[PDB]
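Entry overview - Gamma-aminobutyric acid receptor subunit alpha-5 with diazepam in place.
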Amino acid sequence: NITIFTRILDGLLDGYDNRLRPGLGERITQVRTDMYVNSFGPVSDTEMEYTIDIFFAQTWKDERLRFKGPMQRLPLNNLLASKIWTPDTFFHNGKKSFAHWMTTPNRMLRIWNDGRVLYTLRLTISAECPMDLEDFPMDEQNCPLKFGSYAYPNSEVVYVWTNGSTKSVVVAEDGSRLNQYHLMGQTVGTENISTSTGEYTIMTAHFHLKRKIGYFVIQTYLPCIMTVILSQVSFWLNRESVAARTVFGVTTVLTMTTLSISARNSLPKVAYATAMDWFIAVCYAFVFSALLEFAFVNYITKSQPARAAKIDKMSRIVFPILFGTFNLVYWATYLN
Amino acid sequence: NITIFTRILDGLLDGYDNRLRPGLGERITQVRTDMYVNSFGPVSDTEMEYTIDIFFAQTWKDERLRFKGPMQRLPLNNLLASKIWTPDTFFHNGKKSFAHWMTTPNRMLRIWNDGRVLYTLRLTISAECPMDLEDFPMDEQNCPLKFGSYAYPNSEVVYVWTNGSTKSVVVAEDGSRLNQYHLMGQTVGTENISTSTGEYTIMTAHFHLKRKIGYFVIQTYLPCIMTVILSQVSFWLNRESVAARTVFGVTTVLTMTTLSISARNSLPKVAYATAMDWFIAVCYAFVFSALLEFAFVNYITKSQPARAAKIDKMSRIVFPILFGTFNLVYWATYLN
Amino acid sequence: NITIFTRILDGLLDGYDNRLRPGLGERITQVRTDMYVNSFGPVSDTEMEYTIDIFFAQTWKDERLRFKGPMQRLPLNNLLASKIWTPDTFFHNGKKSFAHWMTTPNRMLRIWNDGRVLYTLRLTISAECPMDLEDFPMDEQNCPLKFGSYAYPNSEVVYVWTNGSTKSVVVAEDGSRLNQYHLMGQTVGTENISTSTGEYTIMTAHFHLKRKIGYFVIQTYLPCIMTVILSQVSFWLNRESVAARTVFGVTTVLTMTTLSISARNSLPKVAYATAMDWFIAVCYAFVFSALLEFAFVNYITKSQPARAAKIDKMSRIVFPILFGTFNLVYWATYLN
Amino acid sequence: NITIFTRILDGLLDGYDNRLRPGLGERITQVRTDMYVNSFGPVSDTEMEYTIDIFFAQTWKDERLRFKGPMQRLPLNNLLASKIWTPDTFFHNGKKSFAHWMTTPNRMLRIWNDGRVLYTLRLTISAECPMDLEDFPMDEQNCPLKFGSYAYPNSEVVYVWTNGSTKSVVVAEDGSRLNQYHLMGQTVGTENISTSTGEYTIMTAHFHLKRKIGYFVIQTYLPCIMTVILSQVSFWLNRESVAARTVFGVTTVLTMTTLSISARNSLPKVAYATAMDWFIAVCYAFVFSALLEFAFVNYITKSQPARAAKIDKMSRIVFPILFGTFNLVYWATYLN
Amino acid sequence: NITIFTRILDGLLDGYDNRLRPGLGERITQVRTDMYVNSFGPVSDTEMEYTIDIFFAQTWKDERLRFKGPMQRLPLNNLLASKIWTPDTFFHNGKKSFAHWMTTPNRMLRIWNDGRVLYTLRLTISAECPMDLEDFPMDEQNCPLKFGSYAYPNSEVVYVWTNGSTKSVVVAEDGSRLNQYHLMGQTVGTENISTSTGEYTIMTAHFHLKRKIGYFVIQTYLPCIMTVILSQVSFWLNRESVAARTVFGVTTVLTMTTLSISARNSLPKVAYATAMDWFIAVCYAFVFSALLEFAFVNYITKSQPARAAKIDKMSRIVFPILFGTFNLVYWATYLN
Ligand SMILES: CN1C(=O)CN=C(c2ccccc2)c2cc(Cl)ccc21
Ligand SMILES: CN1C(=O)CN=C(c2ccccc2)c2cc(Cl)ccc21
Ligand SMILES: CN1C(=O)CN=C(c2ccccc2)c2cc(Cl)ccc21
Ligand SMILES: CN1C(=O)CN=C(c2ccccc2)c2cc(Cl)ccc21
Ligand SMILES: CN1C(=O)CN=C(c2ccccc2)c2cc(Cl)ccc21
Ligand SMILES: *[C@@H]1O[C@H](CO)[C@@H](O)[C@H](O)[C@H]1NC(C)=O
Ligand SMILES: *[C@@H]1O[C@H](CO)[C@@H](O)[C@H](O)[C@H]1NC(C)=O
Ligand SMILES: *[C@@H]1O[C@H](CO)[C@@H](O)[C@H](O)[C@H]1NC(C)=O
Ligand SMILES: *[C@@H]1O[C@H](CO)[C@@H](O)[C@H](O)[C@H]1NC(C)=O
Ligand SMILES: *[C@@H]1O[C@H](CO)[C@@H](O)[C@H](O)[C@H]1NC(C)=O
C-alpha cells in the first residue's frame, strides 16, 4: 500500500505551478504563524546584535493540492519543500540569517485533504538590537523581531497569529541563556508600513530585557570604593611624614585613572556620559581633593600650625560622611 | 562480472520513491544507532560550547531494495546516498553542525539481501554545554548530546541503541584532547518529548567532566599567597620607618586589585560570586588589615608607646597563623 | 482563472534568449535606478571599510515580454529572476559584497504590458572608505559608493537616476547606526571612465560624515589635563622634601608616556602626526619641564637660595597660565 | 584531427559506471601515492593544529577506459574528474580540509592505453598535532599526517608508496615557513587498523620538528636575569637607607610576578609545570630571599651590629655565585 | 534583428567540446595576458600575506568559434563563460583566492570573426610574501605574484605578456592603500619550472616595497630616548638624597623592560635580533649603567669623597655625549 501514495504525489505536481500563489485573482492568501524560541542567545553590546534560535511554523490553505486516500496526512521532508509554492518570508532587522544543513536539512512539510499546509523551519537569526546606554548598567532594553513578506503586498498575503497572542510565541524555561540579562517577558503585535510598491504587513515581537548587576560591582564599583578608603588613611598620618602621605595620594589618583580606561574597553564607545562614568568622576574628586588638602596644609604648617592641625582633624570626619551620603542617593535613585 | 552489478542498481532505483519511508502504513520504522567519538574537542567556557568529532552510524531495514546475486554486500560511496531515503536526523543542541567535504565526501552506504542498510557519516558538532560556575574551579560538568528526528514522530520512527549500552558509545583512549578537563566517563539513555505535532524519540548521551587544577594555582592562587607574605614583612620593620612600611602596604593592595581584574578577563562574566572570588576577597582583607594596623600604631606611638609596641609584636604571630588556618578549611572543604 | 497565467509565462520564455540584451543592434538600453538605505553600518577605521544595507531597485524596458490579459501586473519571486536577462551590476569599491539567502532569497520581479520591468535586490555592501587622519578627531569624511556595469559599455547600457536626485537616494531617519559619526547628508552624481575596452557609465553617491567628539575627551584629553595639574602641585611643596617632589615628577612623566601608547592602539597606524599627538606632546613638555625646574632649583638652593626661591614662586603662576592659554588656541582653532 | 578525440571520450563514458571500482569481484585495486609539500604552514600551539599545502598525486589501473588512437595521453581538466570513479581518500586527523576553487578548480586527470590513470589534487590541510610541553621550549615534536580510505577496506583498496620511500615525499627547500621551528626531516610508513566494518590501510608521514630558541630569550629569560641583578644592587647600599633598599626589593618582586602572568598568556593553558616555569620560580626565590635578608638585618642592626654587617658583606658574594652556578646546570642539562 | 544572433550561438555550441584545447595535435596554444591592479591591499607581517585586487584579462585564439554576421563582436556575460574551454589558470603562491559573486558574477566574454577571444576576471588574491626582518624597520621587501597553468605543460599552453612589459601591468595612482609601506615600482618576467609531469611556463610580477618610518618613531624610539634623558637627571642631584636617586634609576629600568615586551607584541615572533632590538639594548645599558654609578659612588662617599664627587661631575658630561654620538652612527648607517 505504498505505491498508492506515489501516484498521488506525481499527479499533484503535474499541472501545478509553484510561481503563482493560491487564490490568485480570486481572494487574498492568509497565513497563520506560530513561534517557539528554543534558546535566546548572547547579546553583544559592541555589535548591537543578539542571536536567537527558533522553530518557525507557517500555515496556509491551497486548493490545488486536494486529494483523497487512505490517509489524511502526508508526512514528508525537505525533498518536496521546493517543489511547491512557499511564502518569501524575511526578517527586516536580520543582518545575516542562515539556516541549518547537517545532519539533514531541518525542514518539514505536511498536507491535508482540505488543503491545509504546514511548513516548519528551524532558524538562527542574528538580529540587531539598538540600545541607549544612558542609565547603564541600570537599564532596560526591548529587542524587537520583525518578520513579514518581500514581494507580496497586503493585498495578496497577510500574516496573522494563530489562536490568541498568549500561545502565539513560546519561550522555553531553560531557553534563557543570557549571562548578563534577565528575560522578563514578551509582547507581540501587528502593523502596516507604506513604501513605493505598496502596503505590507508587519508582525512584530518584543522581548523585555532587565540587566542583572553584580559583575560590574566586583569589577568597577568596589575597586573605586576601596581606592577612596585607601586615600583617607593619609588623614591619620602626621604632617611631618610628607613622603608617606605623598605616596598614598599619587598612587590612588593614578589607580582611578587606569580603572576608567579599563572599564570602557569592553563597553561600547558611546559618545555620551553614562551613569557609571559619573560615579567614577565623583570618586576621582575625593582622592584628588584629599591630595590638595595635604598640599595646602603642608604649605601653612609653619606660620599658623593651629589652623592646619584643625583642618586635618576635621577632614577625617567630613570626607567619610560625604562619601556615605552620596552612595545612598546614587543607589536609591537608580534602584527606585 | 561487473555489468551484472550495474543492472541490479538500475532496477532498484526504478519504482523506488525516496520521499516515503519503508513500511509506510504497515509498521513503524526502527533505527539502530551506534557512535564512536574520535576526539573530544576543546570546551570554551565563554561560549558555553564544545566541539566533538564522531563517526555516526545508523541502520534500518527496507524491503524495497531486496536483490539476489553473487555478492551479498554492495560497498558504495556518497553517489548513491542521496538516491534513496535516509532519516532526517538532527542534533537538538547543535548550534552549528557541518560535515566534511574534502578530499572526498565522508559517507558510506551498504546494502544486504534481507534489506539491512548501513549509513556511516563523519561529523563535527559544535554543541552547547551550559555550566554553573558556583564551585569554580572545583566543579564537575555534564555536557549532553541529544539527537533525534525532526519530521517523523515516535509513531513512525524510533531510535534504539544497538546491542548493550556499554558498546553503544565508544571513546578513543587518546581522543580526550582537553587541556583543562578530565573525561571521567559517559552515560546514555532514552526519553520522549511532547510538542504540538506529537511525540518524538530522544536519544541522549552525557559526558562527565572533572576539571583539572594546576593552571589557576600558578596564575591566581600563588601570587595572592606570596603577595600576602610580602605585606607581613612590614611587621618586622621599626615604626620610625614610616615611609618604608607605607610602600609595602600600598603596593600589595594595588597588586591584589589588579589580579582580580586580570583573573576574570578570561573567565565568563557570571553575575555571581565564585569560590575563587572569595579567596581573593579574604586575601584582600589581610593586606588591607595590615595597613590599618600600621596607621593605628603610628597614631598612638607617642602618647602610649607600650600598647603600640605590644600590638606590633602580637601582629607578627596572629596574622600568619590565621592565614594558614584559613587555607586548610578552604582546600579541605572543596577537596572533600 | 489561474491556468491562464501559466500559459502566458511559458510562452514568453520560449523564443526568449537571456544572453542578449533588449534592443540589441537597434538602440541603447536605458536603466533607471533608485536606492533606499535601510541602515548605515559601523565604520572601521583600521580596515577603512564601512557596511551598508540597501534595497537596490532597477528598471529597464524590454519588448520581448509583452502580453495581454486580465491583469497588467505579474508579481513573482526569485524563481523567474534567473530565467531572463538582468544587468551585471557591480560595485567598484566593494571589497566583498554578499546577498541574503534565508529565510527566502530576497528578490522580486514584476512585468507590465508595455515591457517595463522592476527588479529589487536587498544587499549588504562592505565598501572601502579611505580617510586622511590629519585633523583627527576633528575631521570630516566623505565615504563614496560607486556602482556601474562590467561588460556593457556606455554605447549599450546607461544608468540614470529616476525622477530628481532628491528622491533618488533615501536614508531612513533611524538608519544612522553610527556610534562615532554623524550623517550630515548625501550627494549624488554621474561620470564616465575610460579603459581599454571602452567607456563606461558611473553612478556615484557620497555620504558626508562629521565625527562626534566626547569619547576621546573622556579617554585621552582629560587624563592628560589632570596629569598636568598633578605635577604642578609639586610647586607648592618645600624644596627640602626632595623625595616627595621626585615622586610627583617621575610618576606623571611615565603616566603620559603610557597614555600615548594606549591611545594609538585602536587608532590606525598612520605614519604621520595627528592633532591629538601634538596635544599629548605639549602636555609631555609641561610635566617634563616641571621636573627640570626642581632639579635646577635643587642644585643651587645652597649657593644662592634667593634666586631659587624666587623661581619657585614664579613657576606657580606662569605654568598654569600658559596651559590655559594654549588650550583656548587649540580648541578654538579646530572648533572654528 | 580534433573530432577523433571527441568520439573516444563519448564511447568510454557510455557503458561505464562510476559507482563501481575497477576489478570488482576479480582482484584488489592497488593505488600508488606520491606527495610534494609546497609549504609547511604555521603551527598554532594553542589550537594544536598546523597548516600544510601539498600537491597530492594518485594512480590506479582501470581496464574499462582502454582505447587506441594517434595519442597515448589525454590531458584534461576538472570537467571529466567527476564523470569517472575516484577513491574516497580522506585524512584521519584533518579537522577541516578544503580544496581550492579559483581561478580554476586545481585538478588534473590523464589516461593511457594500458589503463594507467593520474589524478593530482592540490590541498590545504589544517591537521591537528598534539604536543607534550614538558621540556618547553627545549622540546622536539613529531606532527603526523595520516590518510587512507573511508568505505573501501583493505580487501578492496590498498595504498602503497610509489618507488622508494625517499622519493615518496618531497619537501621544498623554501617550503619551510616556520617562524619558531626547524624542519629536521621526515619519515613515512604503513600500518593497518581494525574496526567494526573491517581492516583498513593506513599511510602515515611524520615530520620531525626542532624548536628554535631566541624569541623567549629576549622575552622572558633576559628580563628575569636582569631583574635579579637589580635586586642584588641593594646589598651594596648602607643599612640606614631603609627606604632606598625597600624600593629595590618590592619593585623586583612585583616585576617577576607580572612576567609570569605575561609569559603564559600566549602559551597554552597546560595544567603542569614546564621548564620555563621552574626557571622563573628560582628567580623568584632569589629576589624574595634578598628582601628577607634586609628585613632580618634591619631587625638586629642595633643589638648585635657585628653579625648584621658580616652577613651583608657575605651576601654580596654568595648570591651572585649561586645564580651563576645554577644557570650552567639548567642550560647544560637541557642543551645536552 | 535579434533572433539572427540566437542562431549563431546555438550553432557554435553544437559540435564544440569544451574538454579539448584549440589546436590539439596541430599546434601549441598561445595566451596573451594583461593585468590592472585596482588596489594593493594591506600587508600583514604576522601572517606574511598581502591582499591584492586585480582585473585579470586573458586572450587566446580558437578556430572552432568562427562566424560571419552583421556584427563582428558579441558582448556577453558569465552565462556563456562555462559553455566553452578556458585555461585552468592558478596562482602558485595564493593561499586562498576567491572571486566575486554579487551583485552579479564579475565576468565577461567576447568573440570575433578571426577567433580572437577575451576573458576578463575580477579577483581578490591573498598571496603570501615572505620577509626577512634583519634591517627592520629600515627594510625593503619584494612581494612576488606568480601565475601559470596546472594541467597544461609548456608544450601545449604558453603565457606571454601582450605588447611591451611597461603596459603589461598597470597600477592605479590611488590604488596604493598601504598604511606602512611605499609602492616604489614593479617588475615582470618569465621563467620555466620542471616537475615530474613536465615543464611549465611561469609568469612572475614583483612589487618593490619601501617601508615608511614614523609610526615606530612615536611608539618605541622616542619613549626610549626620553627615558634615557630622565635617568641622567639623577646626576644633578646631591648624593645624600639616596632615596630620590633610587626612584629615578629603578623606574627607568623597568620602563625600558616593559617597552621591549610591548614593541614585539605586534611584531612577528622572529627568532633573531632586529635593528630595533639593538637600539633598545643600548638604551638599556645607559639607564642601567647610571644606576651602577650611583651605587658605586654611594659606597665610597665616606672614605674618599673627592673621587666620588669628581666622578659624579664627569658623568654629567660623558653620558649625554656618548648617547648623542651613538645616535648619529645608528641613523646615518641605516639611512645611507
Ligand atoms: C518603508 N520602506 C521602504 O520604503 C523601502 N522598502 C521596504 C520594504 C521592501 C520590501 C518589503 C517590505 C518593505 C522597507 C524595508 C525596511 Cl526594513 C524598512 C523600510 C522600508
Ligand atoms: C517541545 N518542543 C516544542 O514544543 C517545539 N518543537 C520541538 C521539536 C520540533 C521537531 C522535532 C523535535 C522537537 C522542540 C525542540 C526542542 Cl530542541 C526543544 C523543545 C521542543
Ligand atoms: C579605468 N579602469 C581600467 O582601465 C580597468 N578596467 C576597469 C573596469 C572594468 C570593467 C568595468 C568597468 C571598469 C576599471 C575598474 C576600476 Cl574599479 C577602476 C579603473 C578601471
Ligand atoms: C578504529 N576506528 C574505529 O573503530 C572507528 N572507525 C574508524 C574508521 C572509519 C572509516 C574508515 C577508517 C577508519 C576509525 C577512524 C579513526 Cl580516525 C580512528 C579510529 C577508528
Ligand atoms: C616543481 N614543482 C613540483 O615538482 C610539484 N609540481 C608543481 C606544479 C604542479 C602543477 C603545475 C605547476 C607546478 C610545483 C608547484 C609549485 Cl607551487 C612549486 C613547485 C612545483
Ligand atoms: C493594515 O492593513 C489592513 C488591510 O486589510 C487593515 O485591515 C488594518 O486595519 C491595517 N492596520 C493598521 C494598523 O493600519
Ligand atoms: C516513549 O514512547 C514509547 C512509545 O512506544 C514508549 O514505549 C516508551 O515507554 C516511552 N518512554 C517514556 C520514558 O515515556
Ligand atoms: C558620458 O557619456 C555620455 C554618452 O552619451 C555623454 O552623453 C555624457 O556627456 C558623458 N559625461 C561626461 C561627464 O563626459
Ligand atoms: C596489513 O594488511 C595487509 C593485507 O594484505 C598485510 O599484507 C600486511 O602485512 C598488514 N600489515 C600489518 C602491519 O599488519
Ligand atoms: C622556457 O621554455 C620555452 C619553450 O619554448 C623556451 O623557448 C624558453 O627559452 C624557456 N625559458 C627558459 C628561461 O629556459
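Order of the sequence lines sets the chain letters (A, B, ...), proteins ahead of strands, with each chain counted from 1. Counting convention: from 1, in listed order, for ligands and their atoms alike. Excluded from the calculations below are hydrogen atoms, water molecules and symmetry mates; all remaining heavy atoms, backbone and side chain alike, are included. Looking at the header, which is where the method is noted, we find electron microscopy, 3.3 Å.
The structure holds diazepam at ligands 1, 2, 3, 4 and 5.
Other chains with one or more heavy atoms under 4.0 Å from any atom of diazepam (ligand 2): A, B. Using a 4.0 Å heavy-atom cut-off, the binding site of diazepam (ligand 2) is formed by A/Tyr36, A/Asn38, A/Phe55, B/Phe90, B/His92, B/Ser149, B/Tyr150, B/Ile193, B/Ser194, B/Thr195, B/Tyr200.
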